[PDB]
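Consider the following structure, which contains resminostat.
All residue numbers given for chain A refer to the PDB entry; the residues shown span 441-798 in order. Each ligand, and each atom within it, is numbered from 1 in the order the structure gives. Computation of the quantities below employed the complete heavy-atom set of this structure, encompassing side-chain atoms and omitting hydrogens, waters and symmetry-equivalent molecules.
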Amino acid sequence: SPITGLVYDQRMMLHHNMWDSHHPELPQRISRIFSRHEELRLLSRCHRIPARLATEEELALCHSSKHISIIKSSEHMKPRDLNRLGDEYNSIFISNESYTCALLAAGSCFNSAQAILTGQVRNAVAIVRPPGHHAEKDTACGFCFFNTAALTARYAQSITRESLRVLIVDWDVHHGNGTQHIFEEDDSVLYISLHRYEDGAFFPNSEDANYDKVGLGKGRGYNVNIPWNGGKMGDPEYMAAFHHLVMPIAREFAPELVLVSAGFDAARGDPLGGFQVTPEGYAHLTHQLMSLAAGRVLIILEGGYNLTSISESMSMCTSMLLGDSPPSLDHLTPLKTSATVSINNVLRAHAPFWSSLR
Ligand SMILES: CN(C)Cc1ccc(S(=O)(=O)n2ccc(/C=C/C(=O)NO)c2)cc1
Ligand SMILES: [K+]
Ligand SMILES: [K+]
Ligand SMILES: [Zn+2]
């Protein structure tokens, strides 16, 4: 009798790269995930939540009006202008439909958050593109135009109270620089990220992503960065990180709503991440988060670029939200030595702020 929501809309496939049809952020990323849900017959077990466009008023919850106006103008640009405008950012391609698709993925998530916080569904999954977590207040970055998960947290605050406590768990393989920045001075939104770092060398190449960035002002303590260095990470490393850091801090935060920036480019077989998290692994992480916030969980697709890997992985995540038993997880071998060093580094950076860490 608890209902799981699912939002997907084909029109988000229209955002595309007109000079390199093989660019890895592919229209069929969302259609492959959705099709895999039909094959496992999870689709008919969920309630369909419709997509909509975000308003420009809603976009102003996190983004400047200058940044909204430039992306918006690209809907009518000639190809040569689309290319020149795209090159003014760090890793961005743009077509005439890009604007609408970025509006569609945020509006799909506002509707999903609204269904949760009125008690129409218990939890929800959002099969959307282009992704959001690199987008800054003032600019686009790394295939992202608007920060969908940040906009979703402010929209949720706007339909409840302003200080509603939102936990954002970001398990995409890259650091969510735009999201950290948007809430760095905020104690109402808890940002927890796992990400490949390599002493600042992995994308997005900034030392903002190290464990010593714990937040500013009244937000000191509410930013948790868990960086990996020098190892091909997998299910052991992520199970230990939840067990020691994510779940203690998050229980102590006691969120009223949980957003997952759910990128699957740390999954075994991705051509960018170099990690080996399994679909079983992602399922267990989902299952653990389900214990927070009276189960109010929203799963947001971010990165992830092996088509088979992202389909199997998110589908396991939907199977957890629907209530199925967690799958057989293999053996938690000891952690790569460097992954232990990483976890201890976060415990020492955050134990002054969280009484459940030492
Ligand atoms: C090594 N120096 C030159 C910097 C550098 C520049 C570009 C690229 S890139 O073009 O390969 N690139 C862009 C975005 C993503 C990931 C997106 C995602 O999944 N977020 O979740 C991957 C990598 C590195
Ligand atoms: K991340
Ligand atoms: K924060
Ligand atoms: Zn990524």
Exercise for review: Point out every copy of resminostat in the model.
Suggested key: ligand 1
### Query
Which chain is the largest contributor of contacts with resminostat (ligand 1) here, and what is it called in the PDB entry?
Hdac6 protein
### Query
Which chain residues come within 4.0 Å of resminostat (ligand 1), judged by heavy atoms?
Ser531, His573, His574, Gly582, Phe583, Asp612, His614, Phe643, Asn645, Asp705, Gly743, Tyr745
Would a 4.0 Å cut-off, counted as strictly less than, catch a protein heavy atom around atom 14 (C) of resminostat (ligand 1)? yes
Review point. Measuring from resminostat (ligand 1), which other ligands or ions can be reached in less than 4.0 Å?
Key: ligand 4 (zinc ion)
Just to confirm, does any protein heavy atom lie below 4.0 Å from atom 20 (N) of resminostat (ligand 1)?
yes
Non-hydrogen protein atom less than 4.0 angstrom from atom 3 (C) of resminostat (ligand 1) | no
Please check whether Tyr745 reaches resminostat (ligand 1) - meaning an N/O of the residue sits under 3.5 Å from an N/O of the ligand, judged on distance alone. yes
Residue and atom of the covalent bond to resminostat (ligand 1), if one is modeled? none
